[PDB]
Visitor: 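In this model we see R-bicalutamide bound to Androgen receptor.
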Amino acid sequence: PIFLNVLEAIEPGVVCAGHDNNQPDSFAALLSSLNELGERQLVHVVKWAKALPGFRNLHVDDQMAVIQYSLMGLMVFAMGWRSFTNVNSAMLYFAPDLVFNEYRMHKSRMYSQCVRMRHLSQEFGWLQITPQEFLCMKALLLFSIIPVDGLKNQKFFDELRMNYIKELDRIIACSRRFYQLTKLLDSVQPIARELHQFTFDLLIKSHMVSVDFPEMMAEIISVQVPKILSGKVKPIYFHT
Ligand SMILES: C[C@](O)(CS(=O)(=O)c1ccc(F)cc1)C(=O)Nc1ccc(C#N)c(C(F)(F)F)c1
């Protein structure tokens, strides 16, 4: 199992947010730590992605664009999984120092999005998703959102996507399963778009609510995320 060996080997380790758990859950505090956490996870997602089989086949500009467009979905999917295996989806395990209970979910003003994510997290139990299926599905999420007008070398992207779908189909090797797993993958995207909308809004009013964005995250939110929210960049859904 060469392919699964590689996915297992490259899987990021623990990322902490740096959150002060002695201060009171304030909107500004929770969100400033979520933004810092997003930057810390991006650093790891970049190194992960670049070690993936075949990823370096993509044009270099397309490499970074694909990582940026898919970052939210990747983080959501992985956090659903951490939640499942750590706390059985009782709470959202964003990081070991940033675990959300209902109260946090309300205080962050992301309650509706958090309930979806915990629902996704519960799915990993309701479907009995294996670690190996989780890893294949996560690698496919990286190849699941692109500009409607295509990437710079779109044939190379299509080839990669095709092969990652095949690897997922093998690991399954039943048609029920593939249907379920592709439906679960599709369910990530509406959640990512809700988070994207929330994040962009927060950046625009960030001065007046006293939330800090790291530079890298501010640049992505102002350059890349609007392309998604304006419909230039859209997810690849399996269904509908
Ligand atoms: C609100 C925000 O802080 C915005 S952000 O992280 O700056 C961000 C900005 C741009 C993106 F394309 C994705 C994420 C955020 O979504 N953070 C965040 C951090 C960690 C994790 C995890 N795990 C998640 C979530 F995906 F799980 F929601 C979300």
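Residues 671-843, 852-918, in that order, are what chain A shows, numbered as in the PDB entry. Because only heavy atoms are used, hydrogens play no part in the values below, and waters and symmetry mates are left out as well, while side chains stay in. One-based numbering, in listed order, for ligands and for the atoms of each.
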Visitor: Which residues form the binding site of R-bicalutamide (heavy atoms under 4.0 Å)?
Guide: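 Counting heavy atoms, the site comprises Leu704, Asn705, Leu707, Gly708, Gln711, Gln738, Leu741, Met742, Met745, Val746, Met749, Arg752, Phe764, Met787, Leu873, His874, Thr877, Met895, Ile898, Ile899, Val903.
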Visitor: Would you mind running through R-bicalutamide and noting each atom that sits below 4.0 Å from a heavy atom of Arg752?
Guide: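 Matching atoms, with element in brackets: 23 (N).
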Visitor: In the protein, which heavy atom is nearest to atom 6 (O) of R-bicalutamide, and how far is it?
Guide: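 Nearest protein contact, heavy atoms only, for atom 6 (O) of R-bicalutamide is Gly708 CA, 3.4 Å.
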Visitor: Which species is recorded as the source of chain A in this PDB entry?
Guide: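 The PDB gives the source of chain A as Homo sapiens.
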Visitor: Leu707 heavy atoms, cut-off 4.0 Å: which R-bicalutamide atoms fall inside?
Guide: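 That gives atoms 20 (C) of R-bicalutamide.
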Visitor: Would you mind listing which atoms of R-bicalutamide come within a distance below 4.0 Å of any non-hydrogen atom of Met749?
Guide: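 Every atom of R-bicalutamide under 4.0 Å from some heavy atom of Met749: 23 (N), 27 (F).
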Visitor: Which UniProt-defined domain of chain A has the greatest number of residues in contact with R-bicalutamide?
Guide: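 That would be UniProt domain NR LBD.
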Visitor: Which residues carry both labels: UniProt 17beta-hydroxy-5alpha-androstan-3-one-binding in chain A, and heavy atom within 4.0 Å of R-bicalutamide?
Guide: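 Going by heavy atoms, UniProt's 17beta-hydroxy-5alpha-androstan-3-one binders that qualify: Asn705, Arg752, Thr877.
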Visitor: Is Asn705 in polar range of R-bicalutamide, meaning some N or O pair under 3.5 Å apart?
Guide: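 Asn705 vs R-bicalutamide: N/O contact under 3.5 Å present.
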Visitor: Under 3.5 Å between some N or O of R-bicalutamide and some N or O of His874?
Guide: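 There is no such contact.
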Visitor: Which of the numbered atoms in R-bicalutamide are under 4.0 angstrom from any heavy atom belonging to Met742?
Guide: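 What qualifies from R-bicalutamide is 11 (C), 13 (C), 14 (C), 16 (O), 26 (F).
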Visitor: Starting from atom 1 (C) of R-bicalutamide, find the nearest protein heavy-atom neighbour and note its residue, name and distance.
Guide: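 That would be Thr877 OG1, 3.4 Å.
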Visitor: To the nearest 0.1 Å, how far is atom 25 (C) of R-bicalutamide from its closest protein heavy atom, and which atom is that?
Guide: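 It is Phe764 CE2, 4.0 Å.
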Visitor: Any nitrogen or oxygen of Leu704, side chain or backbone, less than 3.5 Å from one on R-bicalutamide?
Guide: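 By distance alone, the answer is yes.
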Visitor: Check R-bicalutamide against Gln711 and write out every atom of the ligand that is under 4.0 Å from a heavy-atom position of the residue.
Guide: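 What qualifies from R-bicalutamide is 22 (C), 23 (N).
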Visitor: Among all the protein's non-hydrogen atoms, which is closest to atom 29 (C) of R-bicalutamide, and how far away is it?
Guide: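 For this ligand atom, the closest protein heavy atom is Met745 CE, 3.9 Å.
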Visitor: Any idea which atoms of R-bicalutamide are less than 4.0 Å away from a heavy-atom of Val746?
Guide: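 So the atoms of R-bicalutamide that pass are 26 (F), 27 (F).
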Visitor: For R-bicalutamide, which atoms have a heavy atom of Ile899 less than 4.0 angstrom away?
Guide: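 In order of number, 9 (C), 10 (C).
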Visitor: Which atoms from R-bicalutamide have a heavy atom of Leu873 less than 4.0 Å away?
Guide: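 The list of qualifying atoms is 28 (F).
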Visitor: For atom 5 (S) of R-bicalutamide, grab the closest protein heavy atom and report residue, atom and distance to one decimal in Å.
Guide: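 Looking at atom 5 (S) of R-bicalutamide, the protein heavy atom closest to it is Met895 CE, 3.9 Å.
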